[PDB]
Enquirer: 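Examining a structure with infliximab at the moment.
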Amino acid sequence: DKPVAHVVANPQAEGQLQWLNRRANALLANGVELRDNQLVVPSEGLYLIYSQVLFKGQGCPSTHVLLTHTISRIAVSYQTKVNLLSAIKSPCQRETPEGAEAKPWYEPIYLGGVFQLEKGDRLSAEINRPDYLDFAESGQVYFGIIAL
Amino acid sequence: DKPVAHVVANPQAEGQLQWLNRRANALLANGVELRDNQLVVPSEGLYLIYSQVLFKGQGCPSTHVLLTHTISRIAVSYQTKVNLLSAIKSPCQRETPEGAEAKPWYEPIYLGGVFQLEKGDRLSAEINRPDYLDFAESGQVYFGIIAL
Amino acid sequence: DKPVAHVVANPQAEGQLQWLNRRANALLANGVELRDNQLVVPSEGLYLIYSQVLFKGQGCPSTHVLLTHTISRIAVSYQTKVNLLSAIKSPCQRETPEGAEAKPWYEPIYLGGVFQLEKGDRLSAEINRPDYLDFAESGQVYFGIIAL
Amino acid sequence: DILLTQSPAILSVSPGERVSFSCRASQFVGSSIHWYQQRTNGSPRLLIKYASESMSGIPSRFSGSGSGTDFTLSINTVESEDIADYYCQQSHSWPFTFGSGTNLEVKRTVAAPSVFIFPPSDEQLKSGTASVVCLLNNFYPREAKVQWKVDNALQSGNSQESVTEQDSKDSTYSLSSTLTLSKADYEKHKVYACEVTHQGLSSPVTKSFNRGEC
Amino acid sequence: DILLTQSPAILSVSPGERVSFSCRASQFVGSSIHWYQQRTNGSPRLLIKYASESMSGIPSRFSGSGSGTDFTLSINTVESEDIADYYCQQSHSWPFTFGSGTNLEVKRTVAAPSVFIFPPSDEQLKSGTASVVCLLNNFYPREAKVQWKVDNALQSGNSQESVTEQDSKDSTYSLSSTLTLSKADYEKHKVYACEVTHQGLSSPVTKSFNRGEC
Amino acid sequence: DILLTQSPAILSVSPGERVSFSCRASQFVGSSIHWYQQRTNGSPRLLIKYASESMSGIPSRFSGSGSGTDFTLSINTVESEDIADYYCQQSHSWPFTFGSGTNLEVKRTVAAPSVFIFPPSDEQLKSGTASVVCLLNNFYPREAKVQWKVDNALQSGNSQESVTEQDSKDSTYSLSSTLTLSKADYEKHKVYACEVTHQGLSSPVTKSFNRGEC
Amino acid sequence: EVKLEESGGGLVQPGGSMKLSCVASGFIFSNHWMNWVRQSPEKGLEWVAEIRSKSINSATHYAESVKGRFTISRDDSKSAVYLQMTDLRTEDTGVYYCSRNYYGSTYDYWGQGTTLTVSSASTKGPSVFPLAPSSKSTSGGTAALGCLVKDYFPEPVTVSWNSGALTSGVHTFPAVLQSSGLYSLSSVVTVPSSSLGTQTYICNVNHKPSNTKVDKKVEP
Amino acid sequence: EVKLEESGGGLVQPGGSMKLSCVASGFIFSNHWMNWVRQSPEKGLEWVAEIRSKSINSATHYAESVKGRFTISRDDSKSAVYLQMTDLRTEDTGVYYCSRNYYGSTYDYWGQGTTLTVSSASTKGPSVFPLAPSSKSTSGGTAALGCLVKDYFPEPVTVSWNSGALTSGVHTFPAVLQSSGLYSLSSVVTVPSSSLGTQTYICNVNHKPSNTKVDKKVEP
Amino acid sequence: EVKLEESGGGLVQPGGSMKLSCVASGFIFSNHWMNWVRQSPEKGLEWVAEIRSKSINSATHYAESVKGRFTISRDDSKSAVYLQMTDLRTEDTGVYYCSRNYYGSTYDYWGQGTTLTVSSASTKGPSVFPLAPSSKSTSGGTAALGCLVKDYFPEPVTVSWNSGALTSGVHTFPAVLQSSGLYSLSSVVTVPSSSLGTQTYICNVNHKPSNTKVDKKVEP
């Protein structure tokens, strides 16, 4: 049984992306630990690494509004943060005119790939706008890895 | 050889998302069955589960237009439907003004993750708007799982 | 150790999507070769195949602007190009009015699935607009496969 | 194939007051809920779109709200011209579906029915059949009882009633009760009575006539 | 690097009629196809953008359609002012590419060429060379044959022709045929004839002159 | 939680010239950088939004640019009315954060301080305390030195200074220096002197008074 | 306005066919998605079929319940939409509305509906009797008169008064199904006794399914 | 304009509570996201909390530094936002600004701030002394006069002149903290000697934290 | 309008360099993407290079066929775009158009083109002969006269009539390549015989590649 994780967002969290290890359809086993909102890899080897965030925003102050999602590695040795996977989305669009009330919008982002990882490596899935995090339903926000 | 599926949309279907098991670049082998548009898992274990739908819509009646994509599990025991993976997209934007004719738009959605599944579990990839399903070319709509 | 690749875009490339085999967090090992911007599979078997492109465009001449991303197979025998994975996105939106200056936008696309491949098969991840390719930071553009 | 529940199915409200209609979706529909009015003998008329946006030409006193699965249509300062069935519709999922509808009754001061009785025409007696018709006109509320007595004999089984939909100018109903008889049995009794009771009557009105008279 | 085919390459149409231009992409281009006119000695002029949207200032009689890979430009009530090459362009894929172009000929009633002949200038005879020039002016259609006879001797190999692009006011062509000779051979014959045949002539016109005269 | 650096923290510029403010983000913020002015005793006022878009009512002489992590606010033809602190703000990441701010001094021709001295009021002498106040008014630049001599004895430790923020009409500063003494020690000396030096004075001005006089 | 006019309903046996038509004005027809929506007391409002714009290819869509039996089409030239129904079922019975859906959202506009009755029973026109105004029994000073529209099939009949002019005071009761399997109904109006002598009161009953068209003059 | 008016600041002991209020006009209040932003010399500008629109549910957001201690709320009816602070800390000390953020971007509008001083020290009003205009020592022809606003706590005090009328020539110096732990400050104005005899010069010192309100008339 | 004016073409040997210029007016130049597009009979229209706006950094783009040989640049101050060509090839020969592409779509506007001839052959100006109007041979009443523009290199030459005034009736034939390797061409005009005596007919031949500029007066 291979090192495996599939954690989800904390619904009872607070304009915050906080990974929860223990729910109904998640995984934290075979040596992978959740540690400071980071997945810690037990052994060395090839991992599939993936994540999805769903943003529900409201209003479009500008076309320049950006959503970001990024998975980063912190090697035990180096100890510095490196981006493995990363995407940016501009969800707007037009610009809500004023006197105009803001309308909701939905944007999902998905990241995923395979990487050679080292024992004791840390991994984090981070967004720029946790205030726009939507986890009002399950399956919408999640972070995972399996060793192959 | 591990339980594996990669089914696609039925092109000759009808404002309908119907999974087809038998084409050129798909898979249905090692115990996985297609059953009522649901993938049925043969044995227990860790599965990667993934899906993509591509929507081609036309016109934007409102900013509130939503596209949804969701993968759900139905355990043999419980027998109730649970969302494993789920995303929502708002493809509009502006609002086609009237007297104005509607313009086409494209939105893809991708879902995917790893889960512990039970023998006899059912899995379904469902959308809210099959009338907007685009499979005029191959590789655009698909549902899959492999046991690891 | 299984056939594995995870290549990235050439930053020092030229309105061009050119896959680079040798960086810090990529992979080209166990028989997979990079050959004419195509991944060449060593042995037969089940592969996970995935890719992400990030487009940074500017201006919206029309609602009809399309971004495409597609993974295709070329079997040694047949020798013809077939689409395995494919998505289209319309990033606009509105139409920059004239006298109006163009504004930047970001659109990511992700593709990924599992397929039965043959020894000597070629695989390519291609976009329609390399002029809009954003790799100003790492983790933004990438192509990969692992044998399972 | 999303299911929409509109309960309660009936609402009844005094003029001036505010009424609220419920629409519940069996699943998430975002804000893709639309509201319609359907007057008597009319087609549906779109009032509100996407939960809360009112269409133009629609009176300000109409508003909507809700999101996710629970939605409301509201009319304040209700007036008889609002008498209709109201349906909700979702456009989140294909195919588009409708609620069963809620009926609006705008209340009114009590109004006793003006009772009329029509003896069967001769032209109908030719053909060997007698239809005797009692009209309860413009009463409120909708609860009434009609009775047939033929030569003071209380009838049973040989009449049918039809009630109108509430009138949108004067907020009343009307009901017709038809006693149907063979030209034979008809010609064998003299006095036919329709005996209507109703909240606005301190004691039952009865209209009657004598076979072959006037 | 998307390839665009424009076949047929030539179209020829009577005034008033409707013409259609074909543009086919070797791959999907959505609706990112644009159309251009290029008149003689002119630069390309954008007519339609994104398959079907006409630019302003562009005559209503121009329209386009198509989507995916097959597209059409249409002009109805064609008029000579439409005489041009027409190119399509895709902007779906980088780099942007163009079709080879279709030429439009607007037909006209038959018109025989007015023939003129020019004996070589003296100034050119100094330098020891003789250019004899025959002008076929404003004829329709473009098919003509020119012949040189020097002292009734039919020539061969020593002339070149140049034809104009169809004129956009009067729908005709013109052609020049130039017989070139050494001042020597020239001065050794007397009568030079240009013999033009054309559909509008019941029998061949021939203009001629005598070396050193008038 | 993105960090914004505004260095230099102070800028000083002659009127008419162009000034530039630096704002650097510790991480990518796209173009979600906004600029604010905060005058003395004022709240922040939004000048530019999203790197370069100026708000209405904002003078044309204000512009911004930058993208990714390096941004600039520019005022050309600077004028004293521009004297303020300037802050940048990012809205790319939650929570929104601000820079430490850059202060703008608009230079001015040299101006020596008009010196005034105030002997302690009697009402304050009741309570057994003496505050002796020296006012350096409207000078430029901000560098000044004040000195207390009591009966020609140079003081130490028993005074505090307070300087104003640059004035936005006349570009000067003012400074107050307060010598504080026990009613006792105060009543035991006669002549209190404030001795101010400043670039605009060829030799130090000193104002003084005699305890109990005038 | 914006008008939708549907037609072509009536009675058909089970298994039969019937074509419905709708003509549109007041918007750019070729742009818009035309729909059929039917309504019955049992089932309420039910979307039947959509035909989208040229730009989409036709793009036709059918309710599961009519897939393979019904065919929707349009003639953009005539501003027309059609519903060709085949292999008709009892359940298909109802009022059918032409309607525009606004680009996949709201049903913008509705016609006034046309009625389909799928049934083996035979057409049968109504016989109109007068309900004559009484004299002393007229709770003065208001008089009540009517028409009995009896034994017909199928629904509907349309009753007028004074060929359109007489609108106020009129109650045309909901039809009722008698055990005989036919429909009876009354249309009453209340008027001034005063005008009884001077005004002419005619009911104009019409029952298209049988080309019946009666005009009972009602008087004392 | 567009106005924001905050109030309710003052002194509190550590651990204490205090409620802040802000009233808005000049935009559709129920639409917009209201914020508190505080400012201190040490820390500069610091976002504190946001309350978004009804449409979002309230959607409240707090800075890490006040999570669980502060509560933001709104009364859309009154066009009001509130900040209820509890378990107050020394660091919480600062000027608090009501402010609108425009749908997750710019701080559109700001109030004029209200001051919170979290401290165990006791309130203490100021004593106002006159700095009387000299006679010969007035670098003619301009005269200097003032008010000494001495020994008070905590900040701030507000000094006026002529109850509002006298604005030009006025320098109210930044308050200074004496070793005694209290605040001293002077407000000077410079005027024509000419007007000394004919004009009346009054400073209006106000120190809300102690309900002190002095009006020293200053004269030679 | 909106004007684009390109210049700087002419003859170069293989391997040579040449700089092209384009000046723009009638739109906000700094906003827009400027392009070079060339045209040849063999190859038709061919996109060469793009230079995008400041906001993008320059963002330069080259056709595969000129990568590393050509350099595009702009001077937003002058409203100018440049194409610096080096290591020129025979194939690079063609008419080069300055052009705006509208934010990655359509080529909005085009200059009038400038011609590049890459060739080892030497410049050679034309010699202009008069084609004199005949007398009796003028299919009355219309007269034909011309200029023979003979033996020149390379293309193009521009022939005028009456220094601009005489436009109607004019056919300047496509140049033809003689076996001698040079270009011949005729420009004819047809006029009233009537005006032969009273009107002055001059052809204005110009051949920039050799600074040749002839003005043959044509007469009987």
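Throughout, protein chains are lettered first and strands after them, A, B, ... in sequence-line order, and every chain is numbered starting at 1. Just so it is clear, the values below take in all heavy atoms, side chains as well, and ignore hydrogens, waters and symmetry mates.
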Enquirer: Just curious, which ligands or chains go with infliximab?
Expert: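 The drug sits at chains D, E, F, G, H and I.
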Enquirer: Name, as the PDB entry does, the macromolecule that infliximab (chains F and H) contacts most in this entry.
Expert: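 It is bound most extensively to Tumor necrosis factor.
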Enquirer: Which other chains show a non-hydrogen atom at a distance under 4.5 Å from infliximab (chains F and H)?
Expert: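 Chains with a heavy atom under 4.5 Å: A, C.
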Enquirer: Most contacts to infliximab (chains F and H) come from which UniProt domain of chain A?
Expert: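 Those residues are mainly in the UniProt domain THD.
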Enquirer: Relative to chain F (infliximab), which segment of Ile88(A) carries a heavy atom at a distance below 4.5 Å: side chain, backbone, both, or neither?
Expert: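 It is the side chain, since no backbone atom gets that close.
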Enquirer: For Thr63(A), is it the side chain, the backbone, both, or neither that has a heavy atom closer than 4.5 Å to a heavy atom of chain F (infliximab)?
Expert: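 Answer is neither: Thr63(A) stays 4.5 Å or more from chain F (infliximab).
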Enquirer: With only heavy atoms counted, which part of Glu53(F) is less than 4.5 Å from chain A, the side chain, the backbone, both or neither?
Expert: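 Contact with chain A is through the side chain of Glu53(F) alone.
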Enquirer: What residues make up the epitope of infliximab (chains F and H) on chain A at a non-hydrogen distance below 4.5 Å?
Expert: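 Non-hydrogen contacts pick out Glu14(A), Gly15(A), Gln58(A), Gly59(A), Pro61(A), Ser62(A), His64(A), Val65(A), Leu66(A), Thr68(A), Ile88(A), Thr96(A), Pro97(A), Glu98(A), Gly99(A), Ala100(A), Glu101(A), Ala102(A), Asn128(A), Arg129(A), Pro130(A), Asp131(A), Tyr132(A).
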Enquirer: List the residues of infliximab (chains F and H) that form the paratope for chain A, using heavy atoms under 4.5 Å.
Expert: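 The paratope residues, heavy atoms only, are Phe28(F), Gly30(F), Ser31(F), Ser32(F), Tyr50(F), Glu53(F), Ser91(F), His92(F), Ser93(F), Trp94(F), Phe96(F), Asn31(H), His32(H), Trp33(H), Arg52(H), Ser53(H), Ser55(H), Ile56(H), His61(H), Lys67(H), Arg100(H), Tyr102(H), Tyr103(H), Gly104(H), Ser105(H).
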Enquirer: How does the deposit refer to chain H?
Expert: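 The deposit gives the name infliximab Fab H.
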